[PDB]
Q: 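Today's structure: one with WIN 54954.
Each chain gets a letter, A, B and so on, in the order the sequences are listed, and its residues count up from 1. A fraction of the deposited model is presented, and contact counting is confined to that fraction. Note that ligands are numbered from 1 as they come in the structure, with each ligand's atoms numbered from 1 the same way. Because only heavy atoms are used, hydrogens play no part in the values below, and waters and symmetry mates are left out as well, while side chains stay in. Header says: X-ray crystallography, 3.0 Å.
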Amino acid sequence: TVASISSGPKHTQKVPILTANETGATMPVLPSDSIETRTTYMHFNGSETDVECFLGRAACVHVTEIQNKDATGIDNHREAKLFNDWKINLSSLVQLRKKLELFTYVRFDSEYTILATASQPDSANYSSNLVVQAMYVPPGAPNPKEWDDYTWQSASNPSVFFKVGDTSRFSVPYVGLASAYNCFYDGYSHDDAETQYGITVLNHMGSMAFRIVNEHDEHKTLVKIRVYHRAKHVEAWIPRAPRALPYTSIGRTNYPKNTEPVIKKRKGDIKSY
Amino acid sequence: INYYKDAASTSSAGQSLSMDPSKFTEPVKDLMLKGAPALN
Amino acid sequence: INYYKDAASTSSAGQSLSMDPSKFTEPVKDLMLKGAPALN
Amino acid sequence: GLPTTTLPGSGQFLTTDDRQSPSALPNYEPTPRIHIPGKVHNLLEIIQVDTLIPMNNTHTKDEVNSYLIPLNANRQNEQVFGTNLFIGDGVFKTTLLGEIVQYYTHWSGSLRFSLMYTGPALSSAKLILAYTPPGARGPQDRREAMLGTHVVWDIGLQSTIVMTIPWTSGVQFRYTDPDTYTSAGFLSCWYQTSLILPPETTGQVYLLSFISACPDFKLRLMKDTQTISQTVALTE
Amino acid sequence: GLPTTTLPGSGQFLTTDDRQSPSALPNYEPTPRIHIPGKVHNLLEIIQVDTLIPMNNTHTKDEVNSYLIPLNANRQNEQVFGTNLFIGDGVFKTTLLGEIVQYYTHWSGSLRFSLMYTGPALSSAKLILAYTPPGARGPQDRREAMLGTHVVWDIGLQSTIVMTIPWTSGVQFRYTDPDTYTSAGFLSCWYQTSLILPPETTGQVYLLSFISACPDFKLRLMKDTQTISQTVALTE
Amino acid sequence: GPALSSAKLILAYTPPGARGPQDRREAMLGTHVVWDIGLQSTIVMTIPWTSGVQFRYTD
Amino acid sequence: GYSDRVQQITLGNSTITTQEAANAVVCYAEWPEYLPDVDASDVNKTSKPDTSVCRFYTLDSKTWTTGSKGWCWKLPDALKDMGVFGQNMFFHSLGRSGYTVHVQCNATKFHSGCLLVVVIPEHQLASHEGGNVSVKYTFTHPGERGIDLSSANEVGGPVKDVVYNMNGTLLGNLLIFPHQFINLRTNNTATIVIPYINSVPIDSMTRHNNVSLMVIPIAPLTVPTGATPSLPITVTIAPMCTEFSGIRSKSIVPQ
Ligand SMILES: Cc1cc(CCCCCOc2c(Cl)cc(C3=NCCO3)cc2Cl)on1
């Protein structure tokens with residue numbers, strides 16, 4: 001492939017460099033339309049800018065935490081982090097968010113990796129070996145109330161059991177309702193006068209729930225869960241302007257008030273170098 | 001070799017090697033030729 | 001590839017792709033045609 | 001010795017994975033199969049059999065009576081019953097259809113709603129059933145109702161009427177647990193003319209109503225049902 | 001049982017590796033794809049669309065005005081604007097090009113810089129745009145500027161002029177984050193003759209300026225952008 | 001008008017049955033042409049035959 | 001003698017002529033078309049009023065003055081009240097449509113000024129409150145009036161800051177969306193053909209707008225000496241290939 005062809009002096013009536021940008025086109029002008037060039041080859045394919053590659057590496061999408069401790073006398077397991085949940089969403093963390101929001105609709109399978117590490121902030125004789133249980137409560141499913149409920153039975157709910165310190169991994173098809181995931185949605189659930197606005201109304205795919213299978217030892221053990229997400233088989237439509245201001249909420253476009261100028265002011269003139 | 005039955009479980013896809021910027025760079029209704037005048 | 005000798009040890013079965021609701025939805029002795037009167 | 005590398009996920013137990021295992025009982029011979037009528041292959045086979053809907057839900061303890069929709073002689077213009085179409089909740093919820101839908105997260109497809117009339121043979125009636133697609137309110141009078149999907153039913157020799165709620169939807173799947181964006185409409189029924197009883201006869205007559213899914217139907221993404229739970233393991 | 005040996009790296013999780021995994025939802029059927037205009041396959045497709053450069057960066061809070069390069073009637077010989085070419089920083093940094101370049105470590109290729117004139121139709125002007133390849137200082141006067149890559153632009157019916165910064169380089173890749181060894185030059189613009197307004201007209205006229213990449217362009221070695229960060233996870 | 005002036009007008013035909021339009025919004029919902037005044041000096045609007053009855057009386 | 005410059009668009013019972021065009025943009029290089037069966041889901045036969053809905057509606061005019069910040073209309077909202085298009089809209093459960101947008105602004109060879117005319121698929125607005133405040137319905141359904149970016153923040157309304165596109169992105173990059181400029185010195189109209197863009201085959205026309213049309217002054221209007229300091233901008237829009245499905249009772253929407 002040639003990156004530049006050889007081109008010499010020109011004295012024409014045919015001027016490729018004068019255009020009318022009002023038309024909305026970006027005319028494909030090249031170095032050889034306005035200087036004299038020599039042949040050179042590309043030596044490159046643009047492999048690593050493919051959208052599959054761009055969205056295809058694992059990104060941290062969520063960090064939660066649960067603890068193993070005596071539940072005796074706990075009136076609210078959920079509240080004691082005897083077990084937590086993550087109401088599946090990819091808008092939490094902004095690193096992967098900005099990347100995704102470069103497009104309007106996106107379609108992909110997900111591969112999740114879940115790393116779990118334990119901490120024992122206060123005096124323990126040892127490090128126990130705990131087994132985590134991650135179960136996906138599809139919307140319209142009995143939500144775990146306790147840490148050893150009947151829900152954890154998950155007889156129809158896909159669940160994975162792995163050891164703390166270890167990692168769990170699996171992949172999920174694209175479980176979108178539509179033909180693709182809406183990165184943006186300028187509409188509402190229904191024609192109400194108070195109903196929410198955005199995608200937060202469209203992206204209601206239940207939540208994930210973690211818990212430690214093991215009973216309690218004499219000390220307490222903090223287990224912190226990190227969920228990583230990798231898109232595989234990516235398809236993206238309609239590019240948009242990149243995010244400039246900071247994010248404030250999962251699912252709304254809102255930016256913070258009295259934010260700071262995002263364009264760097266010159267130290268000098270327009271004329272400055 | 002796929003070891004698994006479902007398609008979601010296969011590895012990453014392989015390069016589009018599609019690439020056609022004209023839907024974005026030249027969505028004009030009447031075709032513009034480089035070198036010919038923009039507005040006639 | 002089965003690595004094991006016994007049939008119980010193989011993975012899940014594969015979709016019936018059988019599907020015939022008529023034993024449940026139309027177990028009538030004399031055949032009913034949709035569009036013809038139910039009771040003649 | 002062949003060199004290997006283990007990946008993330010090694011040693012995990014995923015309740016949904018499907019692999020081979022050693023048999024604990026090597027060489028054992030199972031009992032022969034004999035023929036048994038009734039084999040089921042797909043849950044899609046059974047949700048096409050219709051079952052009764054406790055439409056008359058207004059009681060206070062479960063009773064045979066909540067299966068009966070009453071009809072009054074001589075009323076004109078008025079409304080016989082109304083319900084939204086959240087097949088995973090409300091009237092639908094205990095029906096076989098409702099009961100299976102609840103094992104899945106998403107459904108799509110047409111529903112078949114039929115009414116069988118049980119009044120004396122010498123009576124007569126004309127009813128209108130109306131399906132209102134998502135976007136409008138439950139109709140408030142027949143005029144409103146008759147502008148959407150409807151069937152004038154003429155009560156005759158042929159005892160049942162089968163109304164279909166054709167799949168009307170932007171999004172190709174709806175959630176089985178009630179959700180707004182994903183909502184499916186309303187179903188109402190009104191007197192078209194009115195029920196008329198023969199002489200020597202009196203009182204209320206009832207309609208029985210059934211629900212089953214058309215062959216159209218799709219259910220996907222299995223999950224656990226809110227319809228059953230427990231607090232301690234059962235013993236003998 | 002086949003004999004194996006595990007190598008260094010077993011059990012590691014590399015966020016960039018690409019392998020197979022069990023599906024948690026065995027046998028699930030995804031929604032059909034429908035057609036949607038606009039599919040993107042490569043980021044290289046989109047960085048060829050031109051976008052506006054806030055060249056007039058001299059303000060103190062972001063304003064529509066930093067997109068406008070002003071022009072003065074009757075000045076001769078003088079300089080309209082100047083900038084270095086660190087596409088990952090400074091004026092370029094918020095443009096789509098700048099914004100994507102920042103996802104990669106290295107770039108190589110030609111850039112297309114165009115200026116669209118917005119002054120009254122009955123005015124006229126001749127400007128010179130000059131590209132100064134690495135190695136010399138930003139030009140200080142047109143004489144200095146005109147000895148490097150330049151285009152005399154004659155403002156006419158055809159409203160825009162497209163200047164190309166041809167890839168001039170020893171090393172075949174430059175770093176996107178500004179680096180010296182790897183630096184690309186300067187871009188300046190001066191009056192060639194001068195802007196002249198028609199009668200009954202007055203004040204400043206402005207040029208809009210765009211930047212996009214030539215088909216020449218290469219970007220490689222993906223990394224994280226300095227353009228976005230956060231202090232706590234976002235909630236609903 | 002002078003050659004260096006410019007203008008955009010809308011001409012609207014309202015078929016029988018409605019009143020003479022009272023504002024452009026009303027006017028623009030019937031047969032209309034946006035005319036852009038340019039080099040080409042005249043605009044030709046056609047009142048297409050809109051009618052139930054195939055003849056009308058001249059009086 | 002054909003120029004890129006003169007054009008005629010006839011759609012239904014209405015025609016537009018421009019003698020000073022700058023080509024026309026067809027979003028993503030695709031022209032509006034009806035919904036194919038292979039892509040269909042709802043089993044209902046659809047209604048295609050054709051020429052009674054696919055004609056040109058001219059919205060009320062705006063006034064560009066030196067202080068203008070820009071205006072924003074949403075589709076199909078802007079047309080919610082135009083003739084039979086609008087009736088169909090409130091009466092069917094689902095509908096689908098593409099449009100031809102023609103923005104008009106003429107001046108003289110002594111004026112200067114340049115507007116950006118852009119179409120943004122799925123333009124989800126931001127609340128000026130920050131945090132996770134929502135933007136109420138009424139605020140994103142201005143109707144033919146559209147939203148005036150130089151109007152004041154209101155409560156439950158969107159933010160109207162131009163250099164952020166009403167969503168946290170910079171004005172400068174709006175050029176990645178199908179768009180066309182109106183530069184008084186060149187141009188006097190902008191025309192964009194919009195194909196139907198959605199993640200579902202057909203949708204509700206009232207709970208979801210699928211494009212915002214935005215007209216933004218970028219190079220300020222500058223009139224000749226002692227000229228009146230303002231110009232009107234007019235927007236005319238025509239639904240094209242419209243289809244409605246799931247007819248019934250007639251939606252009632254807030255406010
Ligand atoms: C956009 C967009 C995309 C997504 C992803 C949605 C996630 C779908 C559900 O994914 C899971 C499934 Cl199918 C199973 C499990 C799981 N099975 C056993 C343990 O976890 C976890 C998840 Cl997140 O969210 N917004």
Q: What would the PDB entry call the macromolecule that lies against WIN 54954 (ligand 1) with the most contacts here?
A: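 Most heavy-atom pairs belong to human rhinovirus 14 coat protein (subunit VP1).
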Q: What other chains contribute a heavy atom less than 4.0 Å from an atom of WIN 54954 (ligand 1)?
A: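 Based on heavy atoms, that gives A, E.
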Q: Please give the name under which the deposit lists chain E.
A: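 The PDB entry has it as human rhinovirus 14 coat protein (subunit VP3).
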Q: Return the organism named as the source of chain A in the deposit.
A: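 The PDB entry says Human rhinovirus 14.
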Q: What residues contact WIN 54954 (ligand 1) if the heavy-atom distance limit is 4.0 Å?
A: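 By heavy-atom distance, those would be A/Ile88, A/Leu90, A/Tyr112, A/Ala134, A/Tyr136, A/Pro158, A/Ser159, A/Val160, A/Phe170, A/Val172, A/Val175, A/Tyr181, A/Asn203, A/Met205, A/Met208, E/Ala24, E/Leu25.
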